[PDB]
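One structure below.
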Amino acid sequence: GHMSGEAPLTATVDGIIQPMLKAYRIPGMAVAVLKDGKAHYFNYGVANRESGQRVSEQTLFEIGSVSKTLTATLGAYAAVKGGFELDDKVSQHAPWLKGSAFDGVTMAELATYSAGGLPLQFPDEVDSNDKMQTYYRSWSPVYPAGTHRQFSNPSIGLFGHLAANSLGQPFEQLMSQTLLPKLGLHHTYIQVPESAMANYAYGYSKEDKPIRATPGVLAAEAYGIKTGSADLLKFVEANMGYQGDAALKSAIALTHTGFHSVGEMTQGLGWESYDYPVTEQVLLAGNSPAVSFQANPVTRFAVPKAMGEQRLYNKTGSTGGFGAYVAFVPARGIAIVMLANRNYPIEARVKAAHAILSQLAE
Ligand SMILES: *C(=O)[C@](NC(=O)Cc1cccs1)(OC)[C@@H]1N=C(C(=O)O)C(=C)CS1
Ligand code: NA
Ligand SMILES: [Zn+2]
Ligand SMILES: [Zn+2]
Ligand SMILES: [Zn+2]
Ligand SMILES: [Zn+2]
Ligand SMILES: [Zn+2]
Ligand SMILES: [Zn+2]
């Protein structure tokens, strides 16, 4: 429909989301959108299947790799505050990495998954800090630095860890005591406090059992965040146009810089972006396993470039029991957050988000 208003918007969102929840047996979903910069909220189903607690915009969901947009923002903030420069070698900020392959990898390459084939996940027995250091010290590059994109927890994890260390504070502390309060995200956590536990959904695994994320090496950096639709939309709004702390503004802007592309997707700090308008087929391809999660040679940029407001920025994320998607278009005043307590197919996330974004654009 080519008309706007509360009536067509609700017809579209309910019409897109309700069938999808049935098709994938999603217990609960929180959805929030921006249109002309104004927010609308839709909640469906249950946070906890046993208790029947209903999802609201306060329900906490694991957002998986969407956490990496906050990790990247924290890393950008530390760069703006002078802790490191993006072209710095990684071992300039980790004395224990001098004389390793990380003498030849930049902080930017580590943040953008282009260090040379760091894997999706740490090997299973890299499960302590000591083992982690040995792991990176001994790592042998699969590809030359800057040439290939391979999405990787170890890569963005180390970026966030070292960025925090450059300011002399642990990552979780910097996130919880500085980044989140300055962003005004008061119900967003890496470690959910006992007072907020009643709002934390359970995830429902592929075997249909309750599950939540567990501690792990660089888990905070790679997949640490639990949040609701209202807080996550607030973070989106800070990305649509932020006025305030100059340092935080600069940091957010730095997450909108493009470093290289794979096909029609441009990799920034945290956020991945597209042209806007963008077709459903392109958005699906950019988020498909072949592109998003396997090794690809990149189209290198001569210099990193501010991608600007006429872009669709996005990120997918998942954990064992949860499936999240966020997309926004700063110039157009439109965005979508979709948080669910099932890890359901990214293709379904993208098709639903595209359809809703097309109505928001009217
Ligand atoms: C981000 O969603 C992703 N996963 C996480 O951050 C959380 C985890 C899920 C399993 C172990 S940690 O970043 C690595 C996705 N994780 C996987 C994966 O299952 O290895 C993907 C293939 C998509 S990226
Ligand atoms: Na850390
Ligand atoms: Zn139209
Ligand atoms: Zn409304
Ligand atoms: Zn072990
Ligand atoms: Zn360290
Ligand atoms: Zn607070
Ligand atoms: Zn921007």
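When a residue number appears, it is its place in the shown sequence, counting from 1. Reckoned from all heavy atoms, side chains included, excluding hydrogens, waters and symmetry mates. Whatever order the structure lists ligands and atoms in, that order sets their numbers, starting from 1. According to its header, this structure was worked out by X-ray crystallography, 1.2 Å.
- Contact analysis gives the chain with most pairs under 4.5 Å to ligand 1 as the one the PDB entry calls Beta-lactamase.
- According to the PDB, the drug at ligand 1 is cefoxitin (bound form).
- Ranking the protein heavy atoms by distance from atom 10 (C) of cefoxitin (bound form) puts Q121 NE2, 3.8 Å first.
- Of the protein's non-hydrogen atoms, the one nearest atom 15 (C) of cefoxitin (bound form) is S65 OG, 3.7 Å.
- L120 CD2, 3.7 Å is the protein heavy atom nearest to atom 22 (C) of cefoxitin (bound form).
- Of all protein heavy atoms, the one closest to atom 12 (S) of cefoxitin (bound form) is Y223 CE2, 3.6 Å.
- Examination of the model shows the covalent partner of cefoxitin (bound form) to be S65 OG.
- Near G317, meaning under 4.0 Å from any of its heavy atoms, are these atoms of cefoxitin (bound form): 2 (O).
- Close contacts between cefoxitin (bound form) and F151 involve ligand atoms 13 (O), 14 (C), 24 (S) [criterion: under 4.0 Å to a heavy atom].
- Looking at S152 against cefoxitin (bound form), nothing comes within 4.0 Å, counting heavy atoms.
- Considering backbone and side-chain N/O atoms, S318 comes within less than 3.5 Å of an N/O atom of cefoxitin (bound form).
- At under 3.5 Å, a nitrogen or oxygen of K68, whether backbone or side chain, sits near a nitrogen or oxygen of cefoxitin (bound form).
- Atoms of cefoxitin (bound form) found under 4.0 Å from any heavy atom of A222, numbered from 1 in the order shown, are 6 (O).
- The single protein non-hydrogen atom nearest to atom 14 (C) of cefoxitin (bound form) is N153 OD1, 3.1 Å, given as residue, atom name and distance.
- The contact residues of cefoxitin (bound form), taking heavy atoms under 4.0 Å, are given as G64, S65, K68, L120, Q121, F151, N153, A222, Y223, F293, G317, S318.
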